[PDB]
> 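Handing you a structure now.
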Number of protein chains: 2
Amino acid sequence: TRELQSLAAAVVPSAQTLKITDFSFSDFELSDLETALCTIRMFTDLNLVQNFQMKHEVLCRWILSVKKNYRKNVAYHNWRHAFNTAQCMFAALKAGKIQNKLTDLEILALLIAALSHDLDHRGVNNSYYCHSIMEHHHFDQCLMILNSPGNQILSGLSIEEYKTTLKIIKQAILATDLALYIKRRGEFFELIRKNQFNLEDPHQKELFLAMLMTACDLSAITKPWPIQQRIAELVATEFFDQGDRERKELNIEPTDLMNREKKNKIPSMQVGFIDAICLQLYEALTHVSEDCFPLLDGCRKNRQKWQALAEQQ
Amino acid sequence: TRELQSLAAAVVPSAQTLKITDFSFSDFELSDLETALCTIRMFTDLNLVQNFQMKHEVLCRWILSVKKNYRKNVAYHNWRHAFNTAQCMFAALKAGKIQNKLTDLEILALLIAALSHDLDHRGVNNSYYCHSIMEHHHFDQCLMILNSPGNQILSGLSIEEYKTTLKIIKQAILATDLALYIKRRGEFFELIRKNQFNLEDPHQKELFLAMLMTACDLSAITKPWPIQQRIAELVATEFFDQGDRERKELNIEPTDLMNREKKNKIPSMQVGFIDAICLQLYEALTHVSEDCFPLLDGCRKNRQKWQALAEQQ
Ligand SMILES: CN1CC(=O)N2[C@H](c3ccc4c(c3)OCO4)c3[nH]c4ccccc4c3C[C@@H]2C1=O
Ligand SMILES: CN1CC(=O)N2[C@H](c3ccc4c(c3)OCO4)c3[nH]c4ccccc4c3C[C@@H]2C1=O
Ligand SMILES: [Mg+2]
Ligand SMILES: [Mg+2]
Ligand SMILES: [Zn+2]
Ligand SMILES: [Zn+2]
């Protein structure tokens, strides 16, 4: 492919040339091809290619696949969301002094995983339990790939390696279903308020890693007003287009969050979100590794721009 | 393909040579190949090929696709479930004097639809709202096909034809989600108890056509103790294997309906079903067209075998 060859025989800059190491980083400027070089870098400055000796040409045949297997039709749940979640994954990892808490497996899972937490989205979301169906279609799609020929970045691990990682990847993706993350967090939100925390304990390694996956899913909510707002207008575009669709085939009305109107109350809906989900998920996180404040803060900096906009309704 | 060519230059028996016209009909005896000749007959004795001048070679290129695009790995939600739901659709239509109540459009939708109500199942079901996700993956897969080249059985209709039918097909498939069918039926179950019934009214044509789709979904629940039991051990197989899986990756226990044990209480689980869902959905139907009693009865004939088996626990 005149695509793989290219990204193959190019030059993956660096964690610095690419500034992929900051909570303030955005996809906005660089072209897709580049969001490939970065990602490739991601694996690289993460030790994934070297330990698991990933074939250069396949990390790229994978990614490209991973990418092209995304729709630029949806207005948020597009490749640029996965990239921006792998990034925010790749940063709370380094500049967050979090990496030092995970194994080299759980780190391959989270990169591979995180670049697939929403693999084949179509624009069908919620607002409040479904047992994570949309999520198995993502994993089943995740796996569909990793197994694919010429895109097998795990074809270097061992039976108990490929297992232990598919157990994280899966359990990982399936954790982007806020439902679970809400029918859980409530507890992982006391290991803190009782400090009895501990990552050596498996279960807690679960609750953590999860609360971490969503933390990055919502990555864009703690981004510089520019980068952040520029995105909420995208998720908005989608949330509204989903109402429009479900008022054509079906004949239901919209749940505010999704009606092309109520656009004036979008703030308090953004505000409510943060207070209902964002805030505590990030502050609490912080306590794990204080090098995460950049998020919990960017958040509070945004939940004061909404409280502003909203104080005009 | 040595397949299509074959099913192409063969001989589609008849509604009688194939006995595809009775609630007591089963897939069990005939090979897949045949489950295609039947299905092909289904379109044929249904006027779909003649009105919509469907290319012989394509109904078959379609069908085969539709088929092959199913997994013989699942132990129920396999091609033989769709066939058996198209069938039960094809008979409550004829032998049920129901056909005389639908347009020629809503009849293509239902055949085309019905042979796709669960297009890409993997063995992930429920027991009690998800907004019909698995169902859009089915439709999106349903459509994926119909559009496919050489398998376009609608490439004979008109813009407002192909539309009107996708509105039915879609709304149709998406109605196999008992959830909706339960968050509805309750009313379509009063146009009867108040007789204020009426199919000329669109909305009611919905509720009807839906209640009818699930009617055929559960088709096998009203089948001769042999044909029926032979299947419940299959659906059982699946419901249990889904529990085994979700006690492997995940570490949850089983919801009875899905644990490899509790196999002794399978009757009262089969019993409660019928009473919670089957019974009413079939008796009430009957009133629409009394020629459907063969189902409401076969059901009652089964909900007395379970009451027997169960009266031994
Ligand atoms: C289920 N659910 C609940 C919810 O309320 N939201 C927020 C939100 C709030 C109001 C809105 C909205 C999104 O779109 C249109 O009006 C919200 N704000 C963002 C900023 C950046 C990236 C994603 C989001 C989301 C997504 C997130 C979500 O997925
Ligand atoms: C939520 N829910 C409740 C329930 O209790 N059931 C039944 C049932 C009862 C006992 C079982 C069972 C299914 O599988 C193993 O043991 C049952 N019996 C069938 C026969 C044929 C096709 C589908 C079913 C189902 C599916 C249906 C369902 O979807
Ligand atoms: Mg999600
Ligand atoms: Mg179903
Ligand atoms: Zn996401
Ligand atoms: Zn079905």
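Alphabetical chain letters, starting from A, follow the order of the sequence lines given. What you see of chain A is 537-664, 676-860, where the numbers are those given in the PDB entry. Chain B residue numbers are taken from the PDB entry; in order, the displayed residues are 537-664, 676-860. First listed ligand is number 1; within each ligand, the first listed atom is number 1.
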> Report the name of the drug found at ligand 1, as recorded in the PDB.
tadalafil
> What does UniProt call the chain with the greatest number of heavy-atom pairs under 4.5 Å to tadalafil (ligand 1)?
cGMP-specific 3',5'-cyclic phosphodiesterase
> I'd love to know which other chains sit under 4.0 Å from tadalafil (ligand 1), counting non-hydrogen atoms.
A
> Enumerate the Mg(2+)-binding residues UniProt records for chain A that place a heavy atom under 4.0 Å from tadalafil (ligand 1).
none
> Can any other ligand or ion be found under 4.0 Å from tadalafil (ligand 1)?
none
> Could you tell which UniProt active-site residue in chain A is nearest to tadalafil (ligand 1) and give the heavy-atom distance to 1 Å?
A:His613, 6 Å
> What is the UniProt domain of chain A where most contacts with tadalafil (ligand 1) occur?
PDEase
> Tell me which UniProt 3',5'-cyclic GMP-binding residues of chain A have a non-hydrogen atom under 4.0 Å from tadalafil (ligand 1).
A:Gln817
> Could you help me out with the residues around tadalafil (ligand 1)? Anything with a heavy atom closer than 4.0 Å counts.
A:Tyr612, A:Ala767, A:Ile768, A:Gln775, A:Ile778, A:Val782, A:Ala783, A:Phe786, A:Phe787, A:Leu804, A:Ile813, A:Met816, A:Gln817, A:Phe820
